[PDB]
Amino acid sequence: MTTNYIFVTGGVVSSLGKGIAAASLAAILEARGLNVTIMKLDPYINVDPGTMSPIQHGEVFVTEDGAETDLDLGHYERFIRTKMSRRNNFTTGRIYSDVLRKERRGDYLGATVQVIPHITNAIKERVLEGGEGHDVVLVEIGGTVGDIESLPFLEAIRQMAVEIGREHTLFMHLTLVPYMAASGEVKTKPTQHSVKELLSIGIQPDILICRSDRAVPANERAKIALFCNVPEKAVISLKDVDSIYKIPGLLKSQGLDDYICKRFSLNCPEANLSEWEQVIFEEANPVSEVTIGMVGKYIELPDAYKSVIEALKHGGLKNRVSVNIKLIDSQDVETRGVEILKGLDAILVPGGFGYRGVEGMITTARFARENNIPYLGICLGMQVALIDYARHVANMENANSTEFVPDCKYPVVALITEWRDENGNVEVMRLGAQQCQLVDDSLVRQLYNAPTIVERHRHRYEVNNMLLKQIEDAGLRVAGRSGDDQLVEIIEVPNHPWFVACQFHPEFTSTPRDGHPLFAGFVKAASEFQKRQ
Amino acid sequence: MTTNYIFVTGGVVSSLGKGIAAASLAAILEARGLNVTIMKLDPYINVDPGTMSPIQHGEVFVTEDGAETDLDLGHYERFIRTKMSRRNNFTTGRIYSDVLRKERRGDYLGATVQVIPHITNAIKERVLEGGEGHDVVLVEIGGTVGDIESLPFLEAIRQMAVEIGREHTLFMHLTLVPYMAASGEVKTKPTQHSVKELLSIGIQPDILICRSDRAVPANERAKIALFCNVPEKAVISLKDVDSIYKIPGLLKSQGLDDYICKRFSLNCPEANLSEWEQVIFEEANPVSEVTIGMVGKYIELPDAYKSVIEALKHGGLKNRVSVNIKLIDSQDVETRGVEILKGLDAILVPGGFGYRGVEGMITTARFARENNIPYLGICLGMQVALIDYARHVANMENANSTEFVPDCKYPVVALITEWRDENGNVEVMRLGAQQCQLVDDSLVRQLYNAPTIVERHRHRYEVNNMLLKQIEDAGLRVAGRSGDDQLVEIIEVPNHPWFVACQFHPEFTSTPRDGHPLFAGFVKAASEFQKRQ
Amino acid sequence: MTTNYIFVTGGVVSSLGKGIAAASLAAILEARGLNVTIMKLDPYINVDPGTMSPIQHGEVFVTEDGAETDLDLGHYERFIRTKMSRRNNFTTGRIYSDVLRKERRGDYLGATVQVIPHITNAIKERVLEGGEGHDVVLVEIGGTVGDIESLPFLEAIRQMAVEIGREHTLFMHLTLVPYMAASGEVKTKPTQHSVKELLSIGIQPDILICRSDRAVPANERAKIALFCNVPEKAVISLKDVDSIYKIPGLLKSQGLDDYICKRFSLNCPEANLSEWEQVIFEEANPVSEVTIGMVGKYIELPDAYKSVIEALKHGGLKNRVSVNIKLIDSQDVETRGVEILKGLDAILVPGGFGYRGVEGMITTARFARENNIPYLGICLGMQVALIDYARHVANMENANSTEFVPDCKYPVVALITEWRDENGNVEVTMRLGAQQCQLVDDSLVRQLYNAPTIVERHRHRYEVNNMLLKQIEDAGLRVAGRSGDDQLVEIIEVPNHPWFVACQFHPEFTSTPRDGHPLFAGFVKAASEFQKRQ
Ligand SMILES: Nc1ccn([C@@H]2O[C@H](COP(=O)(O)OP(=O)(O)OP(=O)(O)O)[C@@H](O)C2(F)F)c(=O)n1
Ligand SMILES: Nc1ccn([C@@H]2O[C@H](COP(=O)(O)OP(=O)(O)OP(=O)(O)O)[C@@H](O)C2(F)F)c(=O)n1
Ligand SMILES: Nc1ccn([C@@H]2O[C@H](COP(=O)(O)OP(=O)(O)OP(=O)(O)O)[C@@H](O)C2(F)F)c(=O)n1
Ligand SMILES: [Mg+2]
Ligand SMILES: [Mg+2]
Ligand SMILES: [Mg+2]
């Protein structure tokens, strides 16, 4: 059982949806009983996206093992059931960091360390490390063919195709076929030049995925097959769609999975996309509609809350409710007031870092609590919720977090080493999955329908346990704790229809096929609030 | 006084002599009164050539400040009088090491670190750092145009030409014009394709240097000018020569310096190459001939002793003696004996590391001392000389160095921390220039004609001062000491015509125009030994 | 059985010997019992090489059917026994002329005639026309990969591989591996960049022939295989050799024919190169050595007399004589005299056109006739021999050809429509291809060919004037061969001479190293006997 590889590249432009196209193809192959995995090769010099800002890169996806990776891995876990780890995403800076250390350590034996073979061997070893043990491995190459930054990746996979052999490797190249309003037709010329650019590096593509705002006609697909040494049946058309859940069905109708199984000599049953057909039906037929407002600080780039937005979509699928997400700036709450919070069936405050716009998130958690509006807080959303309750119900004046105000009197949120009290008395970066214990007779104990749950963390500041008892007596309820130190994970307000706030990131485990219990109840409570108007 | 830059690249093949061509052009510009400097941009991932083996890379040149650089800087210091430093040579691994540390330290403010502009800006800053403050700066780009490894360098200098402006930048491209025995003509086709490859990166060359085993005719130079958008007067012919000292004269006769001074708007006097005309005359008319044998361990690549071989050439220029250097393997001395040492007018043992073939170097230093054959030892050549005298004259049985035999009874050579004696009693990496004090009435005090001298070091193991007094009483003389610890630098044997051994590397300060006092006397004593046969 | 194609291309430079390497590969395949053929695709705009000077691309080779073609076809016939014709060589101008003709008629039906597919289809139709009907077809693509002129050829052959399939197509690419004296090694970088350029057009080479002044080591051949997606066994080395007849043996030892037969699924026996080993054995074991001087007007480019030079070397094989050919300028005879013709064991005067340097050839034909030096004239070499015997023996002063002096008194050589007398009386044109010639019984050429009629190839316009011929016959000149209905003179001889033969046709176009030629064999033998008497 030799492991087969499918290398995915992109040409013409960069906004082609390589990750979505790879995840959709992997969903078809997994629907035929195959063991499939996906990996992402990023060309930036950052060692990992942990040091990158959400305003420029997007959200930082977190795997089970605790790796900060590109958000494309969120697409992978939402299309296939194979768990992603650190081996599924590495960058150019990671490769050079490995080679530089081995060179200073003297592991190359005084040899001249060069791009070929030293840099290329480092790339090929990581692809084989995260690929071996599967039937089909999809390797997404970041960047656009023809740029400097992707050449080490492209030269490395070319060498793999030669040693592994053409009988177990495929090159899938995505191109742009733009439509011109002048001639009223789509143009295949950018595709012709891109394939020539990919050939000038030594790679002959085997499958061409044509991206366009409309279906690519057979006459244009025949011309592309003529100039690119590709059979016509291997030229697939992928139009712009309103729902990425339809893409697996669109690729199967053109026989993309059949051409792959034939090349790799795989005899597997027909792809059963019945789960995806169900998701398309649920999305296309909502019975209600709600308006949930997301109050954050990174709203200038909606990709900063990628998994959060997709988690609200999955909440509406399980409840047959059309969720209309409204991005509202938390700084405008400080400027204009809670007037930009009226007319919302629910309110969600996602995570973040930095004091900019936090006082607006505290005011937003207050408006949702005084007016019985459903509220869901994630990471920073739990901090501003705990602040509001301590500052306004527990009467802890100017309660804040040490991240924002280091020398505050009431540090309800602080590092484990920074824990103190209102007088100064003391006691004698969490990443990845961690088990959590739920409190009985709580709102989250009913939803999760289980005693212990597992979620993924990405935070530094915890809830101050030396100030928790004074808030609990003020009416606040604790629903989740974890670890030997019994750190607060989930908080609730029982005198409220729906008010749950958690420290972990539940949006990293939400899928369209299986949903998520927390977002299902949050959207369900949002529609019930809309009914009572 | 804006600083002008001349970027030097190479095409077709890599063995073109880019460094020699750049050094020769810099010698012409310096002959017109201009302040010129040269820098080398290497495309390998090694942070510095310090961790590279001489068998693969060549000799490791050492500058005054103590930097381990490429051997091309040896060509630079032997053509111009501007001192080289760390700022005159950096590698791709150096650039990525800088960017990776700033990214982990958070100096990019959460931005996406990319090849452009982050990697290119790091390159442009080092070129400006080592270039500003001069009239003309020659930047040699390692590698061949069209390869992956040189693209960051080529994209970086393209951006400099745009900002600095074409009025102060030039691109000089070296190509190969091979001769075919079939058609009896030279072929310009590789040059035509190379310029197209250089244009596909965004660089339009301004001067073309045509390398060939013979002069490039005017008809071929006119065809190259036609297909490359270059004026015919800017197409220079550089044939294969028997002496690189003629290359400045060959470039001046074609007006290469005039075209550069006109572009940069420099009004300087005519190049006075009278010193180079003298060196060519001295080399072309030797009055005697000697056969000096160099006994080492890296002789399988003669470039491992690049500066040593060139230092013997400079010794013959000052004495009008034709030096015929013979590379002999020190391991063959251990196998076949001193029979491969007969018929030598002199013997030289250069530096090195490792126990392989050292016992042959000890036997060679013994054969040159018992037969009154002139001997010169550098670094390791002084260690094996001190061993022979201690092992055979001072009767220190099995005397060796701790690098080779760590637990020997007589460690005449050891680290400063490893110093001991024959019983085990103790007391209560040097790089760059260091002042040395010479002993009066010594052979080196006469040659250097000065009390204190400055030479460059590259070694770890020193002479054991606790075992030096027992060797001095055996007749051995100490000629040089340095530092507060008074480390042994130069040793001599007075009952010998010529027997000098030093710890520093004198070959790094030898030039064809000014020679070197140590190699001048060594070759002079080699001819006197030839007369007495 | 399906016809297989082997496309041959060149990179880095142009002087790689693509024709010699293709012909040598075809000789191996023919030695295995395969029906093989070759064809040359020239990228110049000339419709046919007939309108080209010999000091430009070389000699103008002539086939049996009368087609003026590139000289590479001369290498083909000297290596394989398959006869070449017009459909074995065409140019870019030939393609555009055909497409422009169909477009002016209207055969494209008001369509936009474009490089693709109209020009590319015209190329593919001609390759299939001269290719279909054989087992293996070698298509040599002229020019260097990466230039503009060869791009229509490379795109057309790329489309053929897709339609035919890779089970019957192979791409063989020749590159240059130069040796650097500065590093003492050969360089594979020009090959790497050339393959990338061939890939950017859409062609992935299958075999790489490495040309160098020495054998390419295995480490370099392994590095080339690494960067070019080519298996290491398909990287062949082809050093510079002193004798081109050794090349078939060199390609066989590296298993080039075995790799080709495996790809095309051909079951044929092992090649037998005994006929080539015999030629090498004859060439490396001479018993005598002679010096034959060739006096012409195109000596500045030795390839202008390519087939003549090779014909003299074939004559030396049949006689075990090492021939030293000395090229002499006919103009230097006009200025410096016949002083530069001393020390020659024989004199050969090839063909040509133009009055420039003809008077030096007439003087040379006189030198070899008076001093009894073996002489052989071809086309123009017969004109200057006929002029010499009429101007200096038959006493017809200022006798010349109308090509040179149109209004002369004795036009011994003129067009058939120009035939006249010394008084002006008349009687009551490009010859190309093979034509039968009848020989005279008691003649020297009759015993050499040992047959009454022969077949040789012509390329000339001016004929021997029959109206002034009988006056030269009575002067002592012998006519050895005539042809056609008009009894045009083909071969002439001088009896009072050891070996003096001149012919109108080009016998060098039928000479081969394995079979020789009867006329050149006797000429070299006569040169050996002259050297013995001195
Ligand atoms: N490698 C190539 C490819 C094409 N063409 C020339 O391209 C010309 C057609 O140009 P168009 O109509 O603008 O491009 P298209 O191919 O039709 O693809 P689309 O229209 O979807 O962008 C032919 O005359 C040609 F001649 F075919 C060329 O010269 N060289
Ligand atoms: N960009 C180009 C350049 C040239 N050529 C074509 O190249 C052809 C000449 O090819 P050669 O003689 O082998 O190369 P050379 O130019 O003479 O240089 P050298 O001989 O020193 O290598 C022209 O017909 C051409 F037509 F000029 C081309 O098609 N496209
Ligand atoms: N596609 C490529 C190929 C090579 N190189 C880089 O080319 C560099 C080696 O340079 P060289 O020695 O001059 O070329 P050679 O391959 O050895 O072939 P020859 O020497 O026979 O001409 C590597 O560091 C490299 F890194 F391998 C590159 O950057 N991109
Ligand atoms: Mg079109
Ligand atoms: Mg040419
Ligand atoms: Mg090399």
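In the text below, chain A, chain B and the rest are named by the order of the sequence lines, each starting its count at 1. Partial entry; contacts are within-part only. In each ligand, atom 1 is the first atom listed, and ligand 1 is the first ligand listed. Method reported for this entry: X-ray crystallography, 2.4 Å.
- The name given to the drug at ligand 3 is gemcitabine triphosphate.
- The chief contact partner of gemcitabine triphosphate (ligand 3) in this model is named by UniProt as CTP synthase.
- Within the structure, the other chains placing a heavy atom under 4.0 Å from gemcitabine triphosphate (ligand 3) are, by letter, A, B, C.
- The N/O atoms of C/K196, backbone and side chain alike, include none that comes under 3.5 Å of an N/O atom in gemcitabine triphosphate (ligand 3).
- Between gemcitabine triphosphate (ligand 3) and the UniProt ATP-binding residues of chain C, heavy-atom distances under 4.0 Å are seen for none.
- Under a 4.0 Å criterion applied to the non-hydrogen atoms of C/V186, gemcitabine triphosphate (ligand 3) contributes the atoms 21 (O).
- The nearest non-hydrogen atom to atom 15 (P) of gemcitabine triphosphate (ligand 3), considering only C/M180, C/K223, A/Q114, comes from C/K223.
- The shortest N/O to N/O separation between C/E220 and gemcitabine triphosphate (ligand 3) does not fall below 3.5 Å.
- As for other ligands and ions, those under 4.0 Å from gemcitabine triphosphate (ligand 3) are ligand 6 (magnesium ion).
- Residue C/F227 places no N or O, backbone or side chain, under 3.5 Å from any N or O of gemcitabine triphosphate (ligand 3).
- When chain C is restricted to the residues UniProt lists for CTP binding, the ones with a heavy atom within 4.0 Å of gemcitabine triphosphate (ligand 3) turn out to be C/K187, C/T188, C/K189, C/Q192, C/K223.
- Each of the following atoms of gemcitabine triphosphate (ligand 3) lies closer than 4.0 Å to a heavy atom of B/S14: 13 (O).
- Checked against a 3.5 angstrom limit, the closest N/O atoms of B/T144 and gemcitabine triphosphate (ligand 3) fall outside it.
- The PDB entry names the source organism for chain C as Escherichia coli.
- For gemcitabine triphosphate (ligand 3), the atoms sitting less than 4.0 Å from at least one non-hydrogen atom of B/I148 are 28 (C), 29 (O), 30 (N), numbered in the order shown with element in parentheses.
- Between C/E185 and gemcitabine triphosphate (ligand 3), no N or O atom pair is found at a separation short of 3.5 Å.
- The residues of other chains having a heavy atom under 4.0 Å from gemcitabine triphosphate (ligand 3) are listed as A/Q114, A/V115, A/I116, B/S14, B/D147, B/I148, B/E149, C/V186, C/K187, C/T188, C/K189, C/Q192, C/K223, C/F227.
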